[PDB]
Every structure is written in structure tokens, then in C-alpha cells.
Amino acid sequence: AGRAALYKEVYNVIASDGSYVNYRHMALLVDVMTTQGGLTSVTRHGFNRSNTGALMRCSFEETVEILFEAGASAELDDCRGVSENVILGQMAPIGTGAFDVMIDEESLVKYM
Amino acid sequence: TXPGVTXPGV
Amino acid sequence: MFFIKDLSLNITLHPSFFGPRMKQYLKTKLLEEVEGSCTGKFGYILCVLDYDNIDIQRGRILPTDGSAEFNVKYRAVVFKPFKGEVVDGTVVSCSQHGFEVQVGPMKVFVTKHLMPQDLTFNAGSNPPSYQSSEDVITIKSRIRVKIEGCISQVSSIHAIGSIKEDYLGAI
Amino acid sequence: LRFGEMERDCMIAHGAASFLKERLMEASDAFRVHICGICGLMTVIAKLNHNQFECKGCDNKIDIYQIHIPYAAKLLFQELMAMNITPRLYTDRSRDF
Amino acid sequence: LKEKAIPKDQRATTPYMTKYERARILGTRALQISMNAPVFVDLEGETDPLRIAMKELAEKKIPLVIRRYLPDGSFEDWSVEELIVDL
Amino acid sequence: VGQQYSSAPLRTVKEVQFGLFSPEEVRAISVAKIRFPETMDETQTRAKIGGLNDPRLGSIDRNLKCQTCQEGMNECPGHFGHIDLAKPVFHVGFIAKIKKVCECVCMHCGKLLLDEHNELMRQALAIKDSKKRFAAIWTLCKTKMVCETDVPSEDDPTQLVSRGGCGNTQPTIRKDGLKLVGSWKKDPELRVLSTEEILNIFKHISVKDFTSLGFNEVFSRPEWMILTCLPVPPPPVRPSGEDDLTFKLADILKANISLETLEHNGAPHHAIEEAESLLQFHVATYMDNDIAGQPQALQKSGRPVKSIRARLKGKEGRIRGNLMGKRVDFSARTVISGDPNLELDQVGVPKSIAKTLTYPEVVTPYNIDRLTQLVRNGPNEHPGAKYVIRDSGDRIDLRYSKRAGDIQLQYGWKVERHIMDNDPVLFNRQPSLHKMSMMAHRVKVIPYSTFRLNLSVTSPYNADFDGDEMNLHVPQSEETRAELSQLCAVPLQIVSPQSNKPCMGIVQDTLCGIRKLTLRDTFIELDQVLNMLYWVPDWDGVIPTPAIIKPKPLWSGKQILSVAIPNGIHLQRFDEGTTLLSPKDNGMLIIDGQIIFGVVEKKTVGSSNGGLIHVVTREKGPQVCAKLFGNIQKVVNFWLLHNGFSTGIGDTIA
Amino acid sequence: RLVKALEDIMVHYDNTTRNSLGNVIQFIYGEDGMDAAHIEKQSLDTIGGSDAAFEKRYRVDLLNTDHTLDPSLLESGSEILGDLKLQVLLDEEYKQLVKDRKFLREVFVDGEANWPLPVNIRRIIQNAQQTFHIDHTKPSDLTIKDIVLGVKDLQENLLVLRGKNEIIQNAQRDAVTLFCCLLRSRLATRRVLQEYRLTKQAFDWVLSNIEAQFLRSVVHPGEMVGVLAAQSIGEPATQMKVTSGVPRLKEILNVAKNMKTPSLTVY
Amino acid sequence: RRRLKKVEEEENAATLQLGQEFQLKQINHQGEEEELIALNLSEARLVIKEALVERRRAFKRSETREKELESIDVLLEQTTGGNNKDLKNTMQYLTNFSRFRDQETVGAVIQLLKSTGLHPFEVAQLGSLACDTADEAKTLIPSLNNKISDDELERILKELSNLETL
Amino acid sequence: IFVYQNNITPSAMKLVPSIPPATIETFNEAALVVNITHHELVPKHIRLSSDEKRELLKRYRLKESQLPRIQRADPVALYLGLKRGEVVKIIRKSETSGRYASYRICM
DNA sequence: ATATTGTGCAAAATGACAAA
RNA sequence: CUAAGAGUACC
DNA sequence: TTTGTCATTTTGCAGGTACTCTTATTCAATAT
Ligand SMILES: [Mg+2]
Ligand SMILES: [Zn+2]
Ligand SMILES: [Zn+2]
Ligand SMILES: [Zn+2]
């Protein structure tokens, strides 16, 4: 019910001035905010306090404190986030990167 | 707040 | 000693090489690269078993490069010397410090400090050898050596052998 | 021109991961750095012409990898190291997803 | 890696090629054509690597497979031949 | 030349493991021990051995190689040194954490206060994540002020079970400045907790105890939070006029030498304590100059010292200023101007910008001829080539190389040439709030100093021509080029996911002209009809029968506009009060690409759901919709040019 | 802030919406698995109107005469009357339509009929009418069994989730229920034979294009829906008794215990 | 584990610490676990000969010591190319110190040692070391000390020397 | 289930966890005057069995933490007597699709 | 004669009081 | 160079 | 004795790009 009320509030904000946004965008926002069992602020004391990877947490707010805490707790960053691969300069697992392209020897022979 | 208009808090 | 072990090698193929003979190119490049090589992790890699169908798998294209990375998994015969391992060989050369014995594909240097005092270097005899009061060690002679120390050298694994222990020498 | 954060976000929305990588690495800063698979630190002496790679401390010479990272990433990692924090970069998964 | 690979008979993902998959296949094939890969389709005189790859995809002569990664690390191998380019 | 070939295997970073440097790891990785605060020797022309700019850490001059790796400044990553601290100092970022950890651990025996015997301690230790475990352990063990050598028995609170406790009194620990003060309960007695004793008690924490505090046995042990060796970053981190970090490291070395001399020569404890506090302060301000309460470390010029934390944090720090967002090559920026004659997916690029921005085309047997011609043209005219990249990495500049004669191109080389027509280019207007504000266009090289784009596409960009500047990015690989053309293309962005309706539409002069042209009064004579028909590029070539044949052949505006509308499009919108007859000519009925009735206005050709743009892009495809944009704009702009529209003061007069 | 919060949300190949940790945000994207660009506003005709209008629009009786159909509407109009098997098919079709009416009234309390749904059935009907040149006077070639079975098979053919277990099949049915309600509202026996007057090939072509367009509207795995949603929320805010606009958006994103205008609504 | 720098016991064959990657059981390329089979000089020589003749046949389709040396030299030059100085040396070593001749002898040896059921390293070392006295072999291989009885090792060496051909 | 008028003394709260597997749930009457599951903002909550939870984790390839979380203090969780690790199916009347099924794991 | 040093707020936390 | 400051352009 | 429970104190800064210009490097007493 909190998620439903949150969606209604966000929809009222967007649709107060006559604008229209598709349901899925606001639904994704409110589902992200309520996926932890409570209302997670888009502020640093909510979404950045999630163990989602030190590197992508530091890019938002309190960068150096996040690095220090990660070093103290010896956190493992599995490089699944977009910001991690951005920082490391490699193809993110997004869009064109959400899969691997591989060469088939049998198909290559089969064509000729 | 914010900043601006941290938080609150921090 | 001789074992057969599971190994994997990553091979990078240029895009120009994906002709209908890609399997043959990969098999060719696996040879001439790992056949008869020397690594510290597995010793000497001499030959590859089951060449008829080497597991080449699919092969992943490197992003923004175009080359393909194949993880070829193969069975390779290896000869890894071990500490305190008795192995036969044949002598190939002698010197003041000791003599070298051909064990498999490698040379093991047994030092004159590791030979009994009666077994003494002799340069008057041609070729120079090591002669004792009861037996003589000459070039191209069979002898067992016990390796007790292997220093990890990637270019060529070097091992320290001895014949000091009981029943170590010519059979 | 500054390829800012929210331009990167627009490219992420477009799903063009390779274009984003090309913008961040080939266009701006591409740096090949050598690390070792024992410790993820970049403390790997790489005499490329002599083909000698050596990480002192780990005392390894045959467990060295090269990674393409931005020079800003290398500078950040080295500043973290100067600040007594170890950003060990590993090229394999120790935990399943 | 055997457990990782979902068997072909029980792939539960869409048989249609995504826009991202099509873009990456076209880019990969165009880059390979630019670096002198063999061409499996007859050329009508065109020289652009991108449209060469487009012609190759039109009659399904691209010898690539998509390794679609499930979130758990499992993957499905979909050959470009059996994928449907609807868009 | 970039970076030469390295035999090391090329991988990608799968995992990043964090932690703290053990002092022995710092000593093992460091290639030099820094002892002299001076950066340059007495000759004032070389870097002093053992100074903060040791050649072993990296060459400060392009002329000489790094003494450790024997590589140039381009290759040398920079190798760390180490300063051997005379007395341990607190790491400024971990002091609070240290204050927590020492408040969880007995200050004498080095064991955690509340073991598993306490009731809430099974709950605290059963927490999965490290941070929450540490928070719970701390918020329960901070209130316990005695080591409790004997605890109540788990079976029953009748007999007492003895654990490995010593029974000493745990003090109350607060932080003053950069140090910790402990007040032992009066058997209060206040004294400063020395860093040496805190390090000793952190080294005595059992593996099980500090692994329950979130610390890792291999990567982050609590005693590594106390600095006994400082890693000196290489000169690349602090390039030269010395850097702020170089001066801070010199200050740390000076304080270290002072403390060493004071301890060696013997001194009152006051001087020793003052020197220790100075060394601690210099280390802390080197790592964090924004410590709350304490005065900042002022640089030589009276300004605050740029700490490492300052270098990282903020908008302009490393993360947000050089990693998340960075300055990129192959980008242009200039003023935008309108062009009704350009296609929706087309953008006008000035000829000079095209001459500057270059794309590398791989030398292939298919395009050897045109690449050879572009290399012949050179960089001084468009089209042309600016560079030739050899397979060895060597680069031939077309300038200064015309003396040597024609360059024989080889397959596999790259011709870095001026961007030509129909090249996909990313086109942006900042701030660029949404994804439609950054779209892929086709180059059209034009001879004037402004970018030229279609009027419709200005709506998603939120761009006017009142001095607005826009940005152009050139993809440098076939993969980026292809995914840009197949994912970010302007026709593919016509329908916005934001409101599941088109984002581009007919705007400005074209909208008013289309309203004026589709009025029932608008009748077009044969000559103007022929001109308007010819302006539609995909016109089938058959002249429509006039709406009126006698006494004079006249075509209505709807009849000529319907030529642009693709065949097979049905649209039926009923405005307020409209009927199947349209007395007011409102609403809209289009049957098979012919406008049966309705004045074409914003609700039909604008960015609206159910309008002509949405229907055409959903029925015939994005390319046909973009072609519709172009054709409608061309015909309506021609008709409005030859009809005229104005506005005046008399329009405001009732 | 919004972009940073949602930057790692992505649609995966099992159609679940997950972040970088692999946590499931939505088990199917947008609760329907459809790309936003392939959504158009369409009218659900079962929810609106009256009971009499609903019966007249949908109910067909082969035995009585109150809701009978003109035998000239279709070819075998004189042989179907009095039939029992086809009557059973009509009975289940109308029962399904009544169930859909009740379901749609339950979902939307205000009875709003125009909602964004993926595939525009009206445009497909109009294109088929124009492509096959319906003369609207000749009796229809369709058989009622063809209409009912074709609608059922088309519903079975609308696949969002391709799994082969009970959980995935149930999720697929839940994901396509609203579109299926729209499809049954549009492609009903009375409407197909009387209002639209399809032919056999026209009806089959309509079914094929509905299937193709629905399969084309499905969200593509790899879509970065988090960033899309963040931008689609932030950008309208740039155009912006109870607080609204930017202050209320910040009070919503910054979850603040005390807000400017706390109002409570009692019915 | 991923310990920064490695601490481990020094490898020693006498203490049966052959290495973490020389354990009794290894995961094959099929994903399951199989015992690490160790090949003595004769069995390894036959395995190498089988692999080489198979490679020679694939390339085509796509005993006295001196004659064996000539044959192995010709075959090595045929199926393989350069960078086989180590391979030539080890093939010559196997040809010289070949304890058994053909498939029958080595097959009988391997099945008899399978009935023996001892460590693969130890059984292959025994097949490589043509020892005479059983206590002599116990002294030669400390991994056999206090593991196998004196008389049984003596007798199995007797059958091995009975199967010893040329 | 213990239903009380005003409050439970904290000296009595500590002994609420009795010998397992018995679980004692305390509810205030004031909080139970109005049923919360009949609100239209409240969707349908159905407790999953262990077999159903296993099937759900197998089919979606999920770990425990990857499921959406529901607190073990949420009024609906207290209402249905959720225990940690138990998954509730949520039936929601969505507007893009008529019916949407979510799954929330107790924490 | 030149270098060297003298404007908009809720989290946390934390001592000085009551409940047992 | 670098740092700082000021004044602008379009949002 | 604790064991939470209620009144003082302790933090941490401001969107996106982009242009130009101007000023400035601790001042001065003192030993070598
Ligand atoms: Mg403007
Ligand atoms: Zn290392
Ligand atoms: Zn160097
Ligand atoms: Zn103690």
C-alpha cells in the first residue's frame, strides 16, 4: 500500500501540470524505492547505503568515505554495475553488452 | 537541505 | 615423472582467419606454441593427446577489437620433476664441478661434492670422467639420480640431484 | 568537449555500451596497465622490450595480466593506494552470481 | 561450465533477435568485413561493411551465436541462423 | 605511437577487491625508501636519491627513463615508495572506525567484550552483512565497560562459566582533534590513548573476533588502520613548482626526522608528544585537509592544501570529473541554424568541422580506391584524409608527407579521413535531460560556420536558434558507428517511451502553412501544383485529377498534401461537434493516403498520440515516418513561401 | 539523483527487471513486459456502455430471436440457427466476455475505457477492411467455429514469457490478460460478422498481424529501463492549497517525515 | 584461496605432497572427477607412440634400439615440426630406457598394478624404476616406507621382471 | 496470538519468545479495529509453502537476497504471521496488464 | 648581494534522570 | 603554468 | 548495578555545458 500511495503521489506530481508519463517509468521508480521493505530515499541515506558495489556507490555522494568503508570491510565489487565498467573503461553489461557474441565453427563450415 | 534547499541530515 | 593432465590455452585469432578451416588454424597454432614447452606450473609439456577432436569450443569475439578468444581445452603429457624423486638417466658431459646426466629432455648436474671422494674427476682418460675404487662413471653411461631440489626456472627448469644416498649410482 | 555524466546516462539509456566505452577509453584516455593475479595491485614491473614482468612481494613472474583502463582510473587507484587503500583488480570470479 | 550452459532443448528466452543483438551482430560483422573476413553472401557491388553485414543477416549467412546471460550466470546459445529478425 | 606490444594476457576486470595495506605489503611493493625531504639534490638539476622524487619511483623528465621499469613516461605506471614512520599515526579516515573498534575490544587483553554467551550476541553475530554486524556489535559492546572474566552459565544463571577474560576496566573513549582520550572509571582518570598501545591491542584481536567485526583476515585487518609505513605515491600522482602533495610529503618527512632526532637525542615528554602530534597532523592533512574542528593546513601561498580526499571528492574530483564524465576527443561544438531543406535524420556540419573531425576507415580491398583518392586529396580540402595508421602503429601525417610522394596503402592499415556525407554522428544539446536529446544523425557537409538541423528535431533537443550551441561526436569504430546508426538514429527515436507518443512533429512555419494550405478556400492552379508535386521526392509521378475540372482546373490544398502522406494510411479523429460532413472542416479523415476532410493542424501533424506521425511510424516504419516529415515540410514550406504569412501591430487591434 | 538511483536497472532475458546485484525489481517489465514506444491508447469496449448495449454488441443466440443474428450476415446463416455445438461455443465466448467485463470494472474503479495497450486492434481491422475490399453487402465467408477457435489460438500464441513451467505460464497469462480482454472485446463474433464484416482471409490476416505486432511490442532484453524511467520522470519536472511541482517531487524523493502540506482524505 | 603472496609446504615426492594440482582425483574435461593416472616410462612411451601415430594418420588423411631411434626420428620429423628438441630428447630417452616393448606387456603391467591398487605416482615410479631388491626399493622411494610389505613388493617386482622383455 | 488493550510491559516482552517452535504474537486491539487487508491500496497477500518457495527460486534462478523484501514488522506481515525467509505472493491489479504477481521475502 | 625562515533541519550521539 | 576571481552564452 | 528515556550538542553546500578576462605567487630581518 505504501508503494501504491507513492505511485499515486508521483503520478499526481507529474500529471498536475497536464503532462503524461507512461505507467512503467513511475512504477519502476516506486518499485525501486520500495524493494527493500521500506521507503528508500533517492538521497545518499537510502539508495547509496545499499551494498551494490563500492565503485558505483562512490560516484554519487560521499565518495571518499565510501572508499574508506569499503577498504575497512574488504568489499568485493563484482563489476556488474554500469558505473563500475564506466570507471574501469570496459563494456558494461547493458544494451549491446548484455550478451556475448561467439563464433560457431560448425556454422562457418556449413556455409562453405 | 539538499544541498541546496546535506539532507536533512548529512 | 610422466603424467597426462587437463590443460587450457587461450588463443586469439585475427578476423581475417575465419575461413572454412578455422579448426585447422586453431589446431596448428596450438601446436608450435605449447608442444615441447617449459612452464613452472606443470614442468615440461611434450605432446598433446586426442588430436582427432581437440575441444576448441565456441570462441568469444573481443569487443571493439574483432579478434576471437578461444579457450581450447586439451590433454597434455607432462614431465614434472619432484623433490626427492629417483629417476634414471645417461651421462652426457663431465667437468671439475661435476657431471651432467640426461634425464628425459633435461640435464641434471650432479656436483663433485655429491660424489664420493674415491670417485674423482679424471681428465687423463679420454673423455674425462669420474672414476672410483669400484666403478667409473663415463659419458653415455646409465645412472640413477635422486632429485632433491628443483629451482623454478621458466626458460628451462633446473633441478638439483644427488647420488649420495644408499643405492644411488650405476646399477 | 565534456562528455558529462548525464550525457553518459543518455548513452546508457540508448543501450550503446560500445559507443560509451569508445567515448570513455579511445577518445579520452586509454591506458594499458599490468597487474598480477596474486595481488590485484598495479605494482608489476613490466619491462616490455625485455619481456620481463615481475611483481615484487608476491614474487611471481608468470601470473601477470594486462588490462585497458582509463588513465584517470589508474590515477584514482594509485591515489587510493597512497591513501592506504588497496584496489585489487582481479580478472576472474571468486563468487558465483 | 556444463551447469552454466542451459541445454538447447529447454531455452526459455525469446526466439526473436533484440535490437541490441542486431546492432552488435551488425557492428561485429561490419568490423570483421572491414578487417578482411570472408564474405558468405554474393556482393551486388556494394562496398559498405555495414550494408554487407545487413545483406548477410537478411539471408542468414552470419556464423555467430549470441550467448545470452541469465542473471544467475547461466547462458543460452542462440545461433544467428535460428533467430528471427522481426524489427 | 601509443603503447607497444606486451606479451601479457589481456583480460577484463571481473572483480575489484578492496582492503588495507599491511605495512609489510607496503615495504614489499615499495621500490625506494624516502628519507630526505628535499626533492632535488644540491646540484638543483637532478632528482635526489632517496628524496620524494626518486628516479626509482618514476622519471620526472621526458628525456630519461624510469630507473625501475626502464620505460618512458608514457608507459611507466609509477612505482610506489615508502616512508618508515618513526611512531605510528592514526589514519584520519579510520579514526572514528578505530574509536568504534577499540570500544568493542578490551583495551588490555585484546578480546571482544560480549562473546556468544550474551543473549543479544547470538542475534548480532548471526547478521549476514559486515556493516550491519559491526553496527550491532558496536552498539551493544560500547555500553559494556568491564572485560567480564566470568560470565553467567548458558545453561542456567546459577554457576559461572569462565571465559578468557582479564577483568580490566574499559575506559570511555572520545576524540580530541586527531587523537583519542580515554577516561578510566574511577576505582575518572584521563589520559591520551597512545597510538602504539592501540596498535598493540589491535594486533592482539583474534582472527575470529575481527572477522566478526567485518574485517577480512587477508585484505583488511584492524591493525592496518594504524599507519606505520606511509606509501609515497609516484611522481605521476604528484607531477611538477612542486605539487601540493609533494610539499605535504616533505612536511611529513620533516616531522618524521624531527621526531626521530628528538627520540634519539632524548627529550622531555612534552617535546616528544608535540612532535608526535605534528607528525600525526601532517599525515592527516595530507590524507584529509577538511577535518571538522581542526584548522586547515595552509599551503605556502596561504591557501588550503589540496588533500587526496579533495582530489577525489566533489564535482571536479577524479570520480565525477575525470571518470564518470571526461573531456573527449573527436567532438565539435558550434551554433545551430535551421534548414527546412534537410532531412529529419540529417544534420548540417560545417566544412571546417568536417575537415577537423576524422574517422578511421580500415583499408579494405572494397574501399582501397576511394581511400587512395582521399589520401591524394590530403587534409587541406574536403573530402580528404588527415592520417594514415600503419599496421605497426606508426602514423603518417598527410601534412609534411606530400614531399615523399604518394603513399602506397596496404590492407589492414587505417585511413583517418574527414567525415563525409551519410556518416553517423552523435548530436547533442546540453544539459541533455533525456535520451532524445542525444541522437544519431547523418552528416551533410555545408559551407557555413553553423550546424544545420531539421526544424522538427529541434523539439526533442529543446533547441532554438537564438545562439544555441550543440555538440557533435564522431564514432571511431565500425561497431560504435553501426550501433549508433541502428540504435540512436533519429527516425528510431520518433516515438518517445516517455509518453508513448511521438516527440518530433511539425512546428513553427510548417504548422501554420499546413493549416493555411488545408483550408477549403485553398485552391492551387496547375503551375503551382506541378512545382509542389515535384518538391515531394517520392512522388509517384502521376498528376492527381483536379478536385475541380470545370470551368477551370483547380487542385485543393488537401489533394496536394495527401501526396506526401504515404499510401495505405487511415486516420479518423472526431473533434468537438464534427460530423461525417464537416461544416467547420474540423476533425480529420484520411482514407488510403488521401485527406477526405479536416484542416491539418497541431493535433494531426504535431507530436501527439494517434496523430499522423504516430500512425505512420507504427504502420509503415520509422524510415517512412521520417520521409513523411521531410516531404510534408518541403511541400508546405514551398506553398507558404509562395503564399506568404506575416504578423503586425494591426493584428493586436480590436 | 534519480538517474544515479536507477542507473543499474535492466531488463534481463527472463523478462525480470533486475539491478546490478541481481535483485528483482519487477518480475516482468512494467508489469506487462511491453516496450513503452509500442503502446497506444485504445478503448476497452466491454467495460463501457450498458448491459443492454453490451448484450446487443456481443451476445448472439442461435435458438431464440431476441438476440439472434441475421442469417445474411454470414454464408451458412440458415444452418447455424438451431445448432447446439456452435451454441456452446457462443455461450462460452459470451461468458468469457462477461467475465472480462467484471474483471475490467474491478481493475479500473472509475470505468475509464481508454487505456494504453500495446497493439492497436482498430488500425489492423481498418487496414484489413481496406486491403481486402469489404463490400459490406455480401454474406461473410467466416464460420462461427472459425472465429471462436481463431481467437482462442491467437490468445495462446501471444507469448511474452517462453518458459515451460507452471510459474512462467501463470506469469504469462497474468501478463497478457488485459490485452486478451481487449482482443476479445474487439474480435467478437457479433462484431466481426456485423460491425466489421470480415472474410475468412481477412480474419486470418487480422489474427496474424495482431500476433506479429504483439510479438514486436515486447520489451527487448538489455533495455536500460532504469535510466529511461529516471529521465522520463526528471524531464517533465523541468517543464513544471497542496504543494506541487519541484517542492513536492523533492519531498517524495527525499523521504521527509514532516512535509509542508500533510492532507488526509476520508471517504 | 586468493592470499596475497603464497605460503605452502615445499613440494616433496617423499612426503607424498606432489602438489595441489597433482592430487589423486582431477576434474576431467567432461566435468566429472577421475583418478589422476600416472604413466611409467613404458606406458607413457606407448601413449606417446599412439598419439604420434594418430596425428600422423590424421595428417595423411587431411624392436631394436637403433631401428626404433631411426623410426622415431622419421616420425617426429613427419608428424611434428621444429621446436621439438625437448621432444626428440625425451623420445630418445624413452627409447633407451624402455622397460616394456608393446601393448601386451604394458597392458599386463597396468592391470597387475591395478590389482596392486597403490598410489598412481608410486606405481608409475615402480614401473619406471627397474629395481631388484624390495627393501632396496623401499629405501629408494620413501613414499613406500611403512606402506607396503617387503615380500609382496619383492614378488610383484619378480613378475614385472618376468614380463620384462628385451 | 495475544490481544491486549493498551500495552505489554517490557519485562513481559522479553519472555515472549518461548521454547521453539511455539511462537507468540502480540496484537493491540486499537491496531486491529480496522482490517488492513480490505483496503484497496492493499493487494492480495498469499503465503507460499516451502515447496512453492523452492519452485519459485528454481524457476526464476533467484537467491534469497535477490527477492523483494518485506519487513517483519509490516502490518500485513504481522497480520499473516510471516516468519523470516518466507515468501508472500502479491496479486496486484495492474493497469498495463490486468493481473501482476510479485513475491516478497520476509526479513 | 641573495636564500632562509618567522539560507535551510532531521539522523546521530551522549551525558544526567527514572524503572526495575 | 597553476590557482583564484570576475563577467558572459544557452538552458 | 543497568537500562532505556528525555533535555543539550555535531554534522555537512549547492544542475549542465561553454566563452572571455585578469591577477598572483608569504615581505621582510638576518647570517654567509
Ligand atoms: Mg534558446
Ligand atoms: Zn602482486
Ligand atoms: Zn617506472
Ligand atoms: Zn580483557
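Just so it is clear: chains get the letters A, B, ... in the order the sequence lines come, proteins before strands, and each one is counted from 1. Parent amino acid or X stands in for every modified residue here; extra atoms are dropped from the contact count. Portion of entry displayed, and contacts counted within that portion, nowhere else. Atom set for the values below is all heavy atoms of this structure, side chains included, hydrogens, waters and symmetry mates excluded.
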Mind checking which of actinomycin D, ziconotide, abaloparatide, afamelanotide ended up at chain B?
actinomycin D
What is the name in the PDB entry of the chain with the largest share of contacts to actinomycin D (chain B)?
TS(template strand)
Which other chains make heavy-atom contacts with actinomycin D (chain B) shorter than 4.5 Å?
A, G, J, L
Which molecule name is attached to chain A in the PDB entry?
DNA-directed RNA polymerase II subunit RPB1
